[PDB]
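Here is a PDB entry that includes meropenem (bound form).
The numbers used for chain A are those of the PDB entry, and the residues that appear cover 43-307, in sequence. Side-chain atoms are counted along with the backbone in the values below, which use heavy atoms only and exclude waters and symmetry mates. Counting convention: from 1, in listed order, for ligands and their atoms alike.
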Amino acid sequence: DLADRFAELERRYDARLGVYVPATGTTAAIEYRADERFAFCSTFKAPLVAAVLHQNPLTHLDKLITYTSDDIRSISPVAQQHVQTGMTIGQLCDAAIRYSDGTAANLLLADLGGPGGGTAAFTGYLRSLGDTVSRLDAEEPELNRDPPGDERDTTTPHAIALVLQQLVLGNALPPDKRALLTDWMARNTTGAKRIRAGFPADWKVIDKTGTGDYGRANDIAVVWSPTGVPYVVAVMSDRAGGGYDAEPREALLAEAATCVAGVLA
Ligand SMILES: *C(=O)[C@@H]([C@@H]1N=C(C(=O)O)[C@@H](S[C@@H]2CN[C@H](C(=O)N(C)C)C2)[C@@H]1C)[C@@H](C)O
């Protein structure tokens, strides 16, 4: 019984866990707290890259963006290496997805442009995909810091799974732009201990992680069975009971993903 297993994990990790897998052909939707709000943390960077791709000719990827010391305000493993030379939009998309680079995401928000440093256009992009739930209100680092229960900078496992499904499996993007997004997520370096850890090696996994204060740990993925049947898997968690400094616990996500993988196999 999945719901019992997920409740057990909540008790084990003193956590709140949300899980959504959209219905398919012959699988029912899997849902646990799936309509509860959880902080996006860095999972917003997947739809952000989609927004930027959609908004511009493909060769906008080649535009050089320059930035400086006062632009580095959050974990930025790539942008910190590159501050002296600048980064192209393509490099920024790569870093935002594959290293979950915060400065890259801030610069991409600015590229999208408009009110709230790009957060309003980002939210507008989600609305165009029929997501009337999610909202982005701040950039890095503030978007990870909203107190438990606060709706700012939140999505739900349900809302984000339906968004990701459109982006990767559906027709939200033209095939060329879709492939760019899928490949970046395929090559993610931050997800080995999350949804990836719950699925057997012969299943393909592409994903974007999120980690934040109050013990926040998220992962959104598309997985393909060894016969090429795709499923979207959104797992979100927090450990608000430990306060602001509560440690995120990836193991929770690995276990929840293992439970999902068992139903889908
Ligand atoms: C987004 O959630 C935030 C960043 N996203 C992270 C993630 O998805 O895991 C981490 S960065 C990632 C894990 N640690 C590695 C690292 O190189 N350092 C921590 C230095 C890579 C991060 C909280 C947001 C700040 O963009």
**Message:** Could you tell me the main partner of meropenem (bound form) here, using whatever name UniProt has for it?
**Reply:** Beta-lactamase
**Contact residues, meropenem (bound form), heavy atoms 4.0 Å** = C83, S84, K87, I117, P119, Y141, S142, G144, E182, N186, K250, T251, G252, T253
**Request:** Could you check atom 9 (O) of meropenem (bound form) against the protein and tell me its nearest heavy-atom contact, residue, atom and distance included?
**Result:** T253 OG1, 3.2 Å
**Asked** What protein heavy atom is closest to atom 17 (O) of meropenem (bound form), reported as residue, atom name and distance in Å?
**Response** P119 CG, 3.7 Å
**Message:** Taking distance alone, with N or O pairs closer than 3.5 Å, would you say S116 contacts meropenem (bound form)?
**Reply:** no
**Prompt:** For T251 and meropenem (bound form), does the shortest N/O to N/O distance drop below 3.5 Å?
**Reply:** yes
**Request:** Check the entry and name the source organism of chain A.
**Result:** Mycobacterium tuberculosis
**Message:** Using a 4.0 Å cut-off to any heavy atom of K87, which atoms of meropenem (bound form) qualify?
**Reply:** 24 (C), 26 (O)
**Item:** Polar contact flag for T232 and meropenem (bound form) (N/O pairs, less than 3.5 Å)
**Value:** no
**Covalent tether of meropenem (bound form), if any** = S84 OG
**Message:** Evaluate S84 for polar contact with meropenem (bound form), using N/O atom pairs at a separation under 3.5 Å.
**Reply:** yes
**Asked** Which of the UniProt-annotated residues for substrate binding in chain A lie within 4.0 Å of meropenem (bound form), counting only non-hydrogen atoms?
**Response** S142, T251, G252, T253
**Request:** Identify which residue UniProt marks as active site in chain A lies closest to meropenem (bound form), and report the least heavy-atom distance rounded to 1 Å.
**Result:** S84, 1 Å
**Request:** Provide the number and element of each atom of meropenem (bound form) under 4.0 Å from a heavy atom of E182.
**Result:** 24 (C), 25 (C), 26 (O)
**Asked** Counting each atom of meropenem (bound form) from 1 as listed, which ones have a heavy atom of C83 under 4.0 Å away?
**Response** 2 (O)
